[PDB]
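Note: structure shows setiptiline engaged with 5-hydroxytryptamine receptor 1E.
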Amino acid sequence: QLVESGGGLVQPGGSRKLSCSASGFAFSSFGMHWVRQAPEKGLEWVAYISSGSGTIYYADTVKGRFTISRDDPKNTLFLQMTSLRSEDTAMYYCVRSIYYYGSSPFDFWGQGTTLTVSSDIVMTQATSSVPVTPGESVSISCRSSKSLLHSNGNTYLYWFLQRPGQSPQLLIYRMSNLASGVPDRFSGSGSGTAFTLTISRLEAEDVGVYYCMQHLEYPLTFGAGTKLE
Amino acid sequence: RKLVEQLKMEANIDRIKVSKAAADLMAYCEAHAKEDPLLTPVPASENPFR
Amino acid sequence: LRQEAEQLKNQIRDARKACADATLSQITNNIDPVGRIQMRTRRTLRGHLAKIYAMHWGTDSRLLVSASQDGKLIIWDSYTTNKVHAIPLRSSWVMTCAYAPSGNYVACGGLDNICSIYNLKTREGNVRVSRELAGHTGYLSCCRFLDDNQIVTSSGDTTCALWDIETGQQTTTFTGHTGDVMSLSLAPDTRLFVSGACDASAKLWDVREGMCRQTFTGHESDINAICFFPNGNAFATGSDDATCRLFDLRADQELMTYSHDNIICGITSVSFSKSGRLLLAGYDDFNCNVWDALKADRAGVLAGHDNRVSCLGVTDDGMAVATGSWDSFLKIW
Amino acid sequence: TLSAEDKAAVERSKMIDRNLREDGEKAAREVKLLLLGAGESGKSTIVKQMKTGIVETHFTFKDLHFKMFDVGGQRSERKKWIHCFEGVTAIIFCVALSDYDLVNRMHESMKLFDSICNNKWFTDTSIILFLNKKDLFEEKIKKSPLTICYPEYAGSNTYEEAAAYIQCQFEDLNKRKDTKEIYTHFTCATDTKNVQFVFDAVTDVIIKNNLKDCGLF
Amino acid sequence: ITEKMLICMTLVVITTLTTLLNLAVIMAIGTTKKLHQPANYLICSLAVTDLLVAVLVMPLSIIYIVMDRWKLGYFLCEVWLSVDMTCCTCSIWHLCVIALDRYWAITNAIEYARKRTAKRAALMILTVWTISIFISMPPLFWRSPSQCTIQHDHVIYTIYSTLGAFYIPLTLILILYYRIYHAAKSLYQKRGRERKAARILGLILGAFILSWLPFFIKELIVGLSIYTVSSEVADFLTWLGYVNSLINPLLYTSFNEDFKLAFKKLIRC
Ligand SMILES: CC(C)CCC[C@@H](C)[C@H]1CC[C@H]2[C@@H]3CC=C4C[C@@H](O)CC[C@]4(C)[C@H]3CC[C@]12C
Ligand SMILES: CC(C)CCC[C@@H](C)[C@H]1CC[C@H]2[C@@H]3CC=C4C[C@@H](O)CC[C@]4(C)[C@H]3CC[C@]12C
Ligand SMILES: CC(C)CCC[C@@H](C)[C@H]1CC[C@H]2[C@@H]3CC=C4C[C@@H](O)CC[C@]4(C)[C@H]3CC[C@]12C
Ligand SMILES: CC(C)CCC[C@@H](C)[C@H]1CC[C@H]2[C@@H]3CC=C4C[C@@H](O)CC[C@]4(C)[C@H]3CC[C@]12C
Ligand SMILES: CN1CCC2=C(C1)c1ccccc1Cc1ccccc12
């Protein structure tokens with residue numbers, strides 16, 4: 001259970017501290033991220049801190065303007081923002097992710113908090129809207145500039161589903177594996193460049209926006225997002 | 001007495017001749033000989049350990 | 001009375017001798033010898049700081065789990081040597097471990113008389129003990145998973161048990177051994193299993209009913225390891241008399257004995273190759289031997305362990321052999 | 001060569017290695033003792049003074065941490081798990097002085113101590129031997145002389161001479177006197193002095209091991 | 001000529017033996033997984049210094065004593081004579097610091113094992129290296145053809161060098177090993193063989209006092225202009241230290257069963 005706080009109205013050029021409090025899992029062994037979503041655009045990765053704070057990465061758009069830190073004894077993940085621009089307004093999501101063999105990164109996403117202010121792999125998801133009816137299969141296509149099939153066989157592509165008015169949840173990891181608790185309906189397939197997510201026996205709970213992210217290397221870039229209704 | 005009971009049950013099982021047993025073991029080993037990476041040194045291309 | 005037993009023993013020995021028309025040596029004398037086997041140390045898993053007593057490969061032939069006197073299991077990624085997990089144990093005296101066929105749970109036990117099961121795919125992230133399986137009144141030798149719910153277990157209580165993890169108690173207790181039972185081996189179809197004990201006997205047990213289906217003797221000392229032939233119709237035992245043996249379930253007798261004058265040291269672990277042609281026996285002379293299971297000829301030697309080779313395993317796809325020794329290092333060949 | 005997830009997995013492995021090294025150092029600073037004896041040998045009394053299967057008793061004395069492993073709950077073959085205790089720095093062998101007049105168990109203690117002191121694994125592990133139930137012996141020796149236990153005894157039927165004969169028998173049962181040593185002691189129904197003797201024996205073993213590493217012994 | 005050839009062959013044999021033994025000790029320490037202790041790290045550092053002497057100083061001495069000519073240059077001779085002092089004093093202070101380590105491990109074992117770390121061993125090696133550097137370098141600062149030898153410029157420098165390089169380590173080793181021998185009685189008499197420990201400590205002290213004492217007493221008697229020194233006695237006493245370099249790994253390693261089993265493992269592959 002991740003919950004964030006510290007958002008709201010901020011004067012441009014100011015500074016704000018975002019606090020992510022975690023309860024119910026081993027924070028020490030969990031890498032943490034910070035993914036912001038524009039009020040109308042798709043998700044965009046912002047920051048990442050590893051387990052033990054030994055590794056820290058930032059988005060090249062906002063590199064050096066943000067400082068992400070961990071307090072394992074306090075069990076809290078902090079992100080300090082300085083000199084905000086008007087484009088920085090977004091809703092920020094605290095994202096859990098643990099990396100080992102067979103793990104499921106980006107499995108749990110925080111509820112996110114809003115904040116309003118006055119050579120990277122590009123993923124294309126041009127199929128913006130798909131009119132669908134319940135009980136019928138649907139296919140969502142994503143494309144990558146660089147092949148995601150790494151030399152070790154892992155195809156680092158993640159499919160997330162964001163319900164209207166709900167935080168995103170992991171749906172499929174590594175283009176084939178199904179996240180724990182996800183219905184068996186969802187399937188992932190595709191080569192190292194073109195990827196497909198197939199849903200069979202669609203029900204109402206499937207309404208939302210589907211995002212394709214790449215975890216091959218940083219920065220992690222999401223797709224535009226496909227809206228199903 | 002329980003020991004003798006177990007005995008009588010173990011004495012009432014069907015038997016297979018050692019010739020047939022050896023024939024079956026040799027047949028299994030020969031049939032699966034190609035799919036044994038330990039017997040035949042696997043090439044390093046498809047060898048996961050390097 | 002006891003004279004009736006003795007007469008039944010004589011009758012069963014006569015039946016076995018009558019059924020033993022030929023021997024595996026002369027039946028397979030004509031087959032081509034496998035030749036010398038060279039096995040390099042492909043990987044060296046280091047990070048254990050005490051004697052290693054057991055390990056088990058995962059069903060995916062990549063992950064493995066090892067137990068030592070460190071007071072903690074270690075789950076290794078054998079392909080890249082990374083330590084996937086490090087599970088601190090309640091008792092440091094662990095002499096067995098197992099990796100579930102589904103890859104979700106990992107068991108370990110020892111002098112605490114408890115085969116503790118740990119959950120690997122928990123939501124909280126840290127591996128936690130799901131169940132504390134107690135009820136054995138002696139030291140714990142080897143507990144092996146059947147599936148995610150059932151687990152057979154062999155202890156020094158002279159009995160083997162079949163616990164249900166969901167409820168936490170035994171559903172069938174296999175009794176009949178005279179001394180400490182030190183080894184287990186599930187059949188590939190997982191319907192029968194052989195347990196070797198310290199009374200120089202290995203018993204074929206049926207899990208579904210519980211009675212001792214068969215008994216096999218011929219060793220002259222305590223049996224320390226056992227492993228089914230991949231066909232599931234034979235099994236090799238390794239005892240303290242420096243001799244391995246290959247018994248047949250259908251013939252109800254041994255077929256081959258693996259020994260040499262040079263080796264005067266007991267066998268601490270036994271495993272088979274994927275095809276069953278090779279028998280890898282890790283001895284207590286700081287090394288391992290590789291026997292032609294059809295010729296009893298020492299097809300290879302695996303040296304490199306500074307101490308006793310206590311545990312030995314072969315990947316489910318037969319791609320690699322991992323031997324863990326008392327020098328606190330695993331070696332994947 | 002290594003993708004982002006592989007790099008983070010390697011970092012996690014390195015963190016696990018750090019934690020394992022710290023735990024290993026902490027466990028190596030520990031002092032491991034193996035407690036052995038008969039069922040009525042007073043080991044329960046001794047562990048009470050310092051405080052299913054194996055029983056771990058952890059205590060601290062003079063900033064030294066002692067873990068005593070009692071294997072009284074193991075009724076299986078001793079040799080099948082005795083190799084697990086190679087690393088114990090000492091074996092606290094408790095023997096009761098009331099075992100000489102109640103039945104055959106004195107010979108059981110004799111054979112058990114002989115086997116323990118002549119194991120191939122314990123060829124270099126010192127044995128701290130405790131003589132428990134000495135107060136009862138001091139007055140029951142007059143009622144039952146030690147000649148009843150051992151007719152070969154030839155001396156005054158006094159508690160001092162009987163104790164000397166016992167600590168001569170136990171040391172004569174030793175075979176590795178040049179490598180190991182038996183530190184015999186009498187409980188005297190006190191705790192602090194017993195723990196002080198155990199600490200002295202342990203530090204003596206440590207200094208002997210350091211001299212052995214130096215090449216002197 | 002025949003005598004000169006015999007001397008050259010003997011010195012080549014000596015330096016080859018030094019190199020082989022130092023390499024064997026280093027390989028055994030680096031390969032055996034039971035010898036990763038701070039004391040073994042100190043012994044390995046001593047072996048490294050010994051190998052430096054063996055493969056950087058001994059051949060130059062061999063060629064110089066037979067050629068009686070140094071064509072390598074005045075700067076090269078200065079570098080050789082400075083690195084010789086640096087590395088020999090480094091070896092002597094490794095002997096002293098190993099004696100100190102053993103004194104700690106025997107007298108205050110209970111907490112010294114707690115406080116003993118590879119970081120502490122590295123600090124000790126750093127200390128001996130810096131003290132050797134401070135002893136040897138400043139001649140290159142202030143004191144700076146056919147034959148070049150020790151330059152006796154300042155008697156104060158000579159006495160400083162000899163006291164800091166051999167006399168202080170000698171008295172430290174004597175005191176520490178005397179304390180160790182005194183403490184060995186506490187586990188020999190107050191508990192209940194003294195011959196073994198006495199022989200080992202006597203052999204260590206005898207080797208140390210037999211190799212580098214003649215050279216340094218000669219150094220004093222030639223730095224105070226007492227007696228003249230001939231080339232034969234001068235280079236014989238010089239090579240006495242290299243003989244110590246040869247015997248050092250044997251003396252400081254052969255008395256451990258762990259090192260013995262490491263050697264047995266390393267002589268089978
Ligand atoms: C100048 C060179 C050639 C000298 C010889 C090589 C030296 C530096 C090498 C050889 C073996 C090495 C050791 C091998 C193993 C270990 C254990 C590790 O946990 C710490 C480092 C340590 C202790 C190494 C230190 C460096 C070492 C001593
Ligand atoms: C060769 C001379 C002239 C140059 C200086 C070499 C120095 C930097 C080298 C030589 C031997 C080295 C030591 C060899 C072994 C160990 C043990 C291990 O814990 C790593 C540090 C430590 C303690 C090393 C520290 C660095 C060291 C002291
Ligand atoms: C600094 C100038 C004057 C040179 C001094 C050289 C001599 C006298 C110095 C150099 C390093 C010194 C040692 C450094 C550390 C210790 C450990 C300490 O527990 C006792 C003293 C002792 C053993 C010192 C004794 C004196 C010593 C050997
Ligand atoms: C000029 C000086 C250096 C001469 C020194 C001579 C004496 C002290 C040396 C020379 C050869 C040495 C021996 C060489 C080899 C061994 C075998 C080893 O297992 C124990 C030490 C022992 C037995 C050494 C003891 C010391 C020794 C006898
Ligand atoms: C015998 N080796 C090489 C010669 C030599 C040595 C040792 C030395 C080493 C340490 C301290 C003092 C000295 C004395 C000294 C002085 C000046 C130049 C060289 C030397």
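Numbers restart at 1 for each chain; the letters A, B, ... are given by sequence-line order, proteins then strands. When reading the values below, keep in mind they use all heavy atoms of this one structure, side chains included, and skip hydrogens, waters and symmetry mates. Every number for a ligand or one of its atoms is a count from 1 in the order of the listing.
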- prompt: What parts of this PDB structure belong to setiptiline?
  reply: ligand 5
message: Looking at setiptiline, which other chains have a heavy atom under 4.0 Å from it, would you say?
response: E
task: Tell me which transmembrane segments of chain E, counted from the N terminus as in UniProt, lie closer than 4.0 Å to setiptiline in heavy-atom terms.
output: 3, 5, 6, 7
query: Which serotonin binders in chain E, per UniProt, sit with a heavy atom less than 4.0 Å away from setiptiline?
result: E/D84
query: What species name appears in the entry as the source of chain E?
result: Homo sapiens
task: Define the binding site of setiptiline with a non-hydrogen cut-off of 4.0 Å.
output: E/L81, E/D84, E/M85, E/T89, E/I150, E/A165, E/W212, E/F215, E/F216, E/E219, E/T238
